[PDB]
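This report concerns only the one structure given below.
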Amino acid sequence: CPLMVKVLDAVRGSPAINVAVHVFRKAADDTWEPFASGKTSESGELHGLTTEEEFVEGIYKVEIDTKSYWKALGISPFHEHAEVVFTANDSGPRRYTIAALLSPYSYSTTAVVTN
Amino acid sequence: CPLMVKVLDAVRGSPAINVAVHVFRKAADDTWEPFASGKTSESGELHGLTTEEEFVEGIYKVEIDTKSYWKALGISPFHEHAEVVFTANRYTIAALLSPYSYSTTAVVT
Amino acid sequence: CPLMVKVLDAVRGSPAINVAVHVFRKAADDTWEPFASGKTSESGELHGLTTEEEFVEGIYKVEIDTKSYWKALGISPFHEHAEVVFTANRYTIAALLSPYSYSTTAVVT
Amino acid sequence: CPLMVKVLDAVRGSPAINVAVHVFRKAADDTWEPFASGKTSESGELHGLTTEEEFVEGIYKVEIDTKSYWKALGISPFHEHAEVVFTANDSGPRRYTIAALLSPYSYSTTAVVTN
Ligand SMILES: O=C(O)c1cc(-c2ccc(F)cc2F)ccc1O
Ligand SMILES: O=C(O)c1cc(-c2ccc(F)cc2F)ccc1O
């Protein structure tokens, strides 16, 4: 599994469950094409987005729909969403985990990149 | 000054200086229109982006060119940039930068 | 002012006001001795902890009473406090607070 | 496994491997007693610190030896270590993951607490 997303909730100390995630890939003509989407599980994880074959070199945008998450919990947050934009697989294939930690007026994002 | 940006470097424990910042406002047709831009100062701060008059309610995007910042230091970064997207309904957008990670917070006072 | 502390609230997007901060210096016998203390201001800042004269090289501990802060808001927090331990060899110790998480950074200029 | 520690490296985008972790428990007389210790694996994780039976109610300090980690990589970091101090199991037993994200002049810590 070459692209995984993990989301945690810094207010509740829990995984962030059922968070919508949209992934896009920058096309030849510089527009963002829909690549893959899904939502985080009970463990705050989203797997199965893509395959090794499909996940070619490119610039990818991972959009985490944080606003809808916080709104469902009764919190009016600051951000519309958390976007993570990165070049992937430009010196051959890697496995990426995009991790986000969410608070209503703040988020943090890191990537763990392995061979 | 209703909107300011502050950027810090988590590797060096310093302001992140001369970092390009571009701000956009969402247009009626769902396009991002150029609003304001600047480079962070010696103190890692960017002031004077806009005025209370022009900073009306709307959806805004603040894009921080983190890649160029790391590249000028000879450090390979993960992200293409750091984007902060919010509805304006004083705003300080702060970002703390590492090569493979960033945090962003809004202080609204 | 060689040492200042700044605390922000990540739930409200605001300075964290009236937060108790205690600073200690490590003694020769490996004990923590009381050095300086204060409460954060309306801007979430604590200045005037010490002087250049007294702020000599050594190991320092900055303890931020985050538990009391959340408790006064009716929010059950995870941590007892936030501790920052460093060797002093201007220092701004910043902390960004959530109920189950905090981040701390040092800006040294 | 009721107490786990996970450590990531924000400079390299990798788990933080072989990081020393010391856990203490506040004793009756207000001193910190050695509870458990170990070091993070190739995945940046430390498991097997304690058992359900031993991990009673109390105030625990988890000390992550970040300075030694950064020094081994040629970086002179700001902090001596990252300390996480918390009351555990005070409304019955829980499972705790203490997560840290490390940069030379900054760290972040969150806890994920489950039943
Ligand atoms: O599985 C993980 O890698 C994980 C990670 C975090 C976390 C903590 C701090 C941070 F800045 C980002 C994170 F994704 C919090 C909890 C967690 O379980
Ligand atoms: O001026 C400020 O508001 C400031 C802020 C930080 C900081 C710390 C942690 C974090 F997640 C984000 C930040 F921008 C670090 C240092 C700092 O001076």
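First the proteins, then the strands, lettered A, B, ... as listed; each starts at 1. Computation of the quantities below employed the complete heavy-atom set of this structure, encompassing side-chain atoms and omitting hydrogens, waters and symmetry-equivalent molecules. Whatever order the structure lists them in is the order used to number ligands and atoms, beginning at 1.
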Look up the drug at ligand 1 and give its PDB name.
diflunisal
Which chain contacts diflunisal (ligand 1) the most here, in the terms used by the PDB entry?
Transthyretin
Within the structure, which other chains come under 4.0 Å from diflunisal (ligand 1) at some heavy atom?
A, D
Looking at this entry, which organism is chain A from?
Homo sapiens
I want to know if diflunisal (ligand 1) touches D/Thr110 in the polar sense, i.e. an N/O pair below 3.5 angstrom.
no
Just want to see if diflunisal (ligand 1) lands near the annotated pocket: which residues UniProt lists as binding L-thyroxine in chain A have a heavy atom under 4.0 Å from it?
A/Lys6, A/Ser108
Can you figure out which of A/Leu8, D/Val7, D/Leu101 has its heavy atom closest to atom 17 (C) of diflunisal (ligand 1)?
A/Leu8
Any other ligand or ion under 4.0 Å from diflunisal (ligand 1)?
none
Sub-4.0 Å atoms of diflunisal (ligand 1) with respect to non-hydrogen atoms of D/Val112
16 (C), 18 (O)
Tell me which protein heavy atom sits closest to atom 3 (O) of diflunisal (ligand 1), plus the residue, atom name and distance to 0.1 Å.
D/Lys6 CE, 3.3 Å
Please write down residue, atom name and distance for the protein heavy atom closest to atom 14 (F) of diflunisal (ligand 1).
A/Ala99 CB, 3.4 Å
Only heavy atoms of A/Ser108, strictly under 4.0 Å: list the atoms of diflunisal (ligand 1) that pass.
11 (F)
I need the residues around diflunisal (ligand 1) for my notes - heavy atoms within 4.0 Å, please.
A/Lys6, A/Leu8, A/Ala99, A/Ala100, A/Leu101, A/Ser108, D/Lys6, D/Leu8, D/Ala99, D/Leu101, D/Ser108, D/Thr110, D/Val112
